[PDB]
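Presented below is the structure to which this report refers.
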2 protein chains.
Amino acid sequence: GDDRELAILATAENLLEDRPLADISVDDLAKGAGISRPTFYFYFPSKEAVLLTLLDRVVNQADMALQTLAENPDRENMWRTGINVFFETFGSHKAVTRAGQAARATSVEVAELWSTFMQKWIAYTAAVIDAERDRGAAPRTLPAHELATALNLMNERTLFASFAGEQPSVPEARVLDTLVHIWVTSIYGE
Amino acid sequence: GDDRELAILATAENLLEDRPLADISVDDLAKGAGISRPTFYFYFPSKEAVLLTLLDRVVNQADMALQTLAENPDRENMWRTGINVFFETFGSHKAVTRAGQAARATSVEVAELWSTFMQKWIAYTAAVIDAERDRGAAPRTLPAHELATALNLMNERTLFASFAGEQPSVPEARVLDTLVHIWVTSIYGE
Ligand SMILES: CC(=O)NC[C@H]1CN(c2ccc(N3CCOCC3)c(F)c2)C(=O)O1
Ligand SMILES: CC(=O)NC[C@H]1CN(c2ccc(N3CCOCC3)c(F)c2)C(=O)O1
């Protein structure tokens, strides 16, 4: 039962590494999962729903890793370890990341899923900036929530350009340092 | 001759304010332009080609405005006036901007057009950062081209989220100040 669904999900993630979702059929997904097409539709209403579940797993993986960091005890290193959660989680799931990004234009559930977790991560970013200002380590410059929004959107666009190998992009081996520098200077700079 | 093409372009930009390109037909474009459908196809092979021409006009408008600034004579104000070129140009063409962004996923000519001008604007950003470092006004921190890439991708994503009213986004009345702060602190901060 659970294994057939997992088999579908594993096949989809494996097939997404070689071609986009538009070049993958339900028959492809069923074959790689060792099931029939009617059996597929018992577990998922569409191949788009399979992607939604894959993306949901990846964004929740990143969210739970951030929560783990948040519950635990320099300033540059604090932000680097946190940004790294997203660099490593989405970089370990590049095919799903890329396909989920492109799905936002056509899937309201995917758009709402991405929007929901971006709001959460921006609010937590803003809370950390506020706490940094409260203790006197960061200056009171921009409204923290607007600063947090821009920095998070930067990371979204820059990480996914690097993972997709877009032209232009920051080389993947340089993107962590690049983002950390911009976060640290814009949060602590006066 | 030239007027019929211009009439097609004006109709498309006007129709794109109320609905996406997928909800606009060649018959819509021909009717608003006061021509027949075969006459439309004399001027453009598809409605996607009409969008390409519209976007080409907008990115060249922004590029030429930047060139005008570049040929002419504080540091925060220098970057603000330059970022404003893109805020005003694309903000005066929000429907085309939005439709052209979404077209990158399906149109190679649109993707290459956006990629071409982003490379140009990143290289010019990097050259200004370098000149700022050469004269001693900016510290030698990140490689200037990688810094320039991240900042330009930030502006792309943040401007277009604000113009589209996405959730999350920086309010349009705050996005110029937000971006200028992040550019200035990350270029001049040590
Ligand atoms: C005190 C502490 O633990 N600091 C670590 C920071 C990291 N971080 C954060 C949030 C969202 C993101 N992003 C970037 C990538 O995509 C979306 C969200 C991010 F990179 C980093 C945050 O608030 O905690
Ligand atoms: C000395 C001088 O004239 N400085 C003004 C700066 C502004 N600027 C620049 C380039 C690309 C962008 N963007 C952001 C929006 O989308 C893509 C490119 C930008 F905002 C700003 C640049 O190099 O000149």
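Below, chain A is the first sequence line, B the second, and so on; all start at residue 1. Numbering of ligands and ligand atoms starts at 1, following listing order. The figures that follow rest on heavy atoms only: side chains count, while hydrogens, waters and symmetry mates do not.
As PDB records put it, the drug at ligand 1 is linezolid. Of the chains near linezolid (ligand 1), the one making the most contacts is recorded in UniProt as HTH-type transcriptional regulator EthR.
Other chains with a heavy atom closer than 4.0 Å to linezolid (ligand 1): A. Nearest protein neighbour of atom 5 (C) of linezolid (ligand 1), counting heavy atoms only, is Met78(A) O, 3.4 Å. Under 4.0 Å from linezolid (ligand 1), not a single heavy atom of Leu69(A) appears. Near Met118(A), the atoms of linezolid (ligand 1) lying under 4.0 angstrom from a non-hydrogen atom of the residue are 17 (C).
Residue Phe117(A) places every heavy atom at 4.0 Å or more from linezolid (ligand 1). Close contacts between linezolid (ligand 1) and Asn155(A) involve ligand atoms 14 (C), 15 (C), 20 (F) [criterion: under 4.0 Å to a heavy atom]. For linezolid (ligand 1), the atoms sitting less than 4.0 Å from at least one non-hydrogen atom of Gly82(A) are 5 (C), 7 (C), numbered in the order shown with element in parentheses. Nearest to atom 16 (O) of linezolid (ligand 1) among the protein's heavy atoms is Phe86(A) CD2, 4.1 Å.
By the criterion of a heavy-atom distance under 4.0 Å, neither the backbone nor the side chain of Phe160(A) is placed next to linezolid (ligand 1). Counting only non-hydrogen atoms, the option in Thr81(A), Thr68(A), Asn77(A), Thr125(A) that gets closest to atom 9 (C) of linezolid (ligand 1) is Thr125(A). Annotation for linezolid (ligand 1): atoms under 4.0 Å from non-hydrogen atoms of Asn152(A) are 11 (C), 12 (C), 13 (N), 17 (C), 18 (C). In this structure, residues within 4.0 Å of linezolid (ligand 1) (heavy atoms) are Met78(A), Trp79(A), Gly82(A), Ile83(A), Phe86(A), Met118(A), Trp121(A), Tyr124(A), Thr125(A), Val128(A), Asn152(A), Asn155(A), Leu159(A), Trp183(A).
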